[PDB]
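First up is the structure itself, then whatever we jot down about it.
In what follows, chains are A, B, ... by sequence order, proteins preceding strands, each numbered from 1. Start at 1 and go down the list; that is how both ligands and their atoms are numbered.
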Amino acid sequence: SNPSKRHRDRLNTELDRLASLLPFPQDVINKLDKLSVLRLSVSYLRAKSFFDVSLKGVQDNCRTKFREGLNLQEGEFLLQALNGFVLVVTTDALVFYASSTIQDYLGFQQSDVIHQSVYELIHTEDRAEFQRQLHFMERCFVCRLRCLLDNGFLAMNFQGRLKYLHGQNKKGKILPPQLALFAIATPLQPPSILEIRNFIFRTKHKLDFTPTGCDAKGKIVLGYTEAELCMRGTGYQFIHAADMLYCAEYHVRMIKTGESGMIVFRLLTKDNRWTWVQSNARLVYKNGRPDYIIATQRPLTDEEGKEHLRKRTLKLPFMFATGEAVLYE
Amino acid sequence: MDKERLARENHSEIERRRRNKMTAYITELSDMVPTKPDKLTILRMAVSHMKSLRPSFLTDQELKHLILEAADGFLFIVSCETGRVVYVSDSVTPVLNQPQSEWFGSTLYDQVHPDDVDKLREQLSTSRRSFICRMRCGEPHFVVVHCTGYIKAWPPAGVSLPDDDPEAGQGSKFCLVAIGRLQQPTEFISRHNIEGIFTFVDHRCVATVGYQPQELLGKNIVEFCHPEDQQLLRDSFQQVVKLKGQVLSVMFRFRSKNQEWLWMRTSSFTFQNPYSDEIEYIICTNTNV
DNA sequence: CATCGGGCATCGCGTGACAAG
DNA sequence: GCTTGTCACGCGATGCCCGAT
Ligand SMILES: CC(C)c1c(O)cc(/C=C/c2ccccc2)cc1O
């Protein structure tokens, strides 16, 4: 018995009824605090109010029941195909919505991000750029957001648009809708292969460096099988353009002495990626005359490949060229 | 100042602004439900409205709505076993100007450019996938499409597969579930076969011709050259082979990605295999004028 | 038609218990 | 063994309601 105690008991029982109705699993609801309960219910109301204005499957001439089952999860399928997460943010930099997959990419559970300031997730060095993006209306940019999986940040491509967020019922002593960013955030993409595993691999070549054999680890690293490896030309068809002259010099060194010497260069994999290698080419002889080459390579990382490149002995044209390549039969 | 009091006053402010956030949220709920009342009235009206509105935060179609509003695209679920179109969303009509009639009963290979039909194969053999191709649409019209997606075990959990369904006898083991969406005076080096096909493209090409390296590789250089400059550029490419190791310079205009003509000076020379002295490729240094 | 004191309900404030990290 | 934060609670200052003026 106590007046204000019973008043706050009424407040708490209404807060309990509000928490019981949130569209989250009960294991997520039970670990919620009252402030987050109110915040999440506000978020749910604002979302449903916007969808009441903006929204509303298989055309009924292709209709099968398996197709209808798939259509009823079309949304989740699109979400899984994003390789990222959806982000809807308001002019006040409030996370109007974030998809659950944010937990898969940044570690932040969706329950804790909605109706919170998006800058809490964004690098201080990038909040200015993000706010510049928040204010002719399609958007394509990059930003580094907090990464709890690293525990640590992650650079993400944002692709989206600015559309009027209806049904927000903003006021002043009634307001029009303002532009909210509807965007998809995806990770960044690299272009070179680095082996995680020492993965020494040997391959045999003709005297013009045309490949004829390759061991297991070579297949594991370069992506080709034996046949496709040999039917693509000589070895120079796989070498990065910024390296072809160095390998040619070391090939003439091997021709004249039998040994290449430790050389470092890049090779084109089956998926058209560049992998660093430190290699050595030795000549086997038959009846005292050259027969074939046995080139053994160690997979290198880009951090040490670039280090070998900057401490380059000889210098030749195209030394610092960067580019992509292809390879046919 | 004093330890305990600094902590105490900051706790004071923390609780004060906790109450502030609480009240602010309750007035947001007041703005957000049908129908000045006190906070308990607001909470009761809010719980009644939320019960009228009612597990995921959004329904499936709200999630799809957000995705497609953000970055367009259309969902297609094909099989890796044959590329058979198991599913395609309705959003394929605003993306490719094609009905769902055209993709169902087909395979992904029938819907893309023929020259891409093999690249497609490399993306379906045996988690994530990210490629680009050319999809169909009074003669044939192809459009560049960036697809991204993943490989999923078929059939999906929770989707019933009835006995009389056409999928019953399919029995695919894996599927590509993907979304497909539409869409400076320097010099860059390049390598070509003796026919003139880009096989290595310097990244500086975007600064000189505006194309991405992928937009150039695989195509012949003459394809980007003015119809008049073509026989001259071809003669240059053929005479660079006869004069191996010698430099051949030739000026011609190159259609930029903005479809402008840019005058360029290309200097070409062969690459000699140090053993056989045979031509490996042609090195060009394409420079803007 | 107000105005006025009862008693309970709202409401904001500061502090202590307690616990997750 | 300290930090940050949640929750309850004691406590008055007004608030609402309403017979009684
Ligand atoms: C088969 C292919 C991927 C390949 C290889 O397996 C080794 C080499 C190495 C060549 C070389 C050249 C000079 C000196 C030492 C090695 C080049 C290739 O294209």
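Selecting from tapinarof, hydroflumethiazide, dyphylline, diazepam, fenobam, the compound at ligand 1 turns out to be tapinarof.
In this structure the chain with most contacts to tapinarof (ligand 1) is the one the PDB entry names Aryl hydrocarbon receptor. Chains with a heavy atom under 4.0 Å from tapinarof (ligand 1): A. Listed in the PDB entry as the source organism of chain A is Sus scrofa.
Binding site of tapinarof (ligand 1), heavy atoms within 4.0 Å: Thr203(A), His205(A), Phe209(A), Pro211(A), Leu222(A), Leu229(A), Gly235(A), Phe238(A), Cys247(A), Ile263(A), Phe265(A), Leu267(A), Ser279(A), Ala281(A), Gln297(A).
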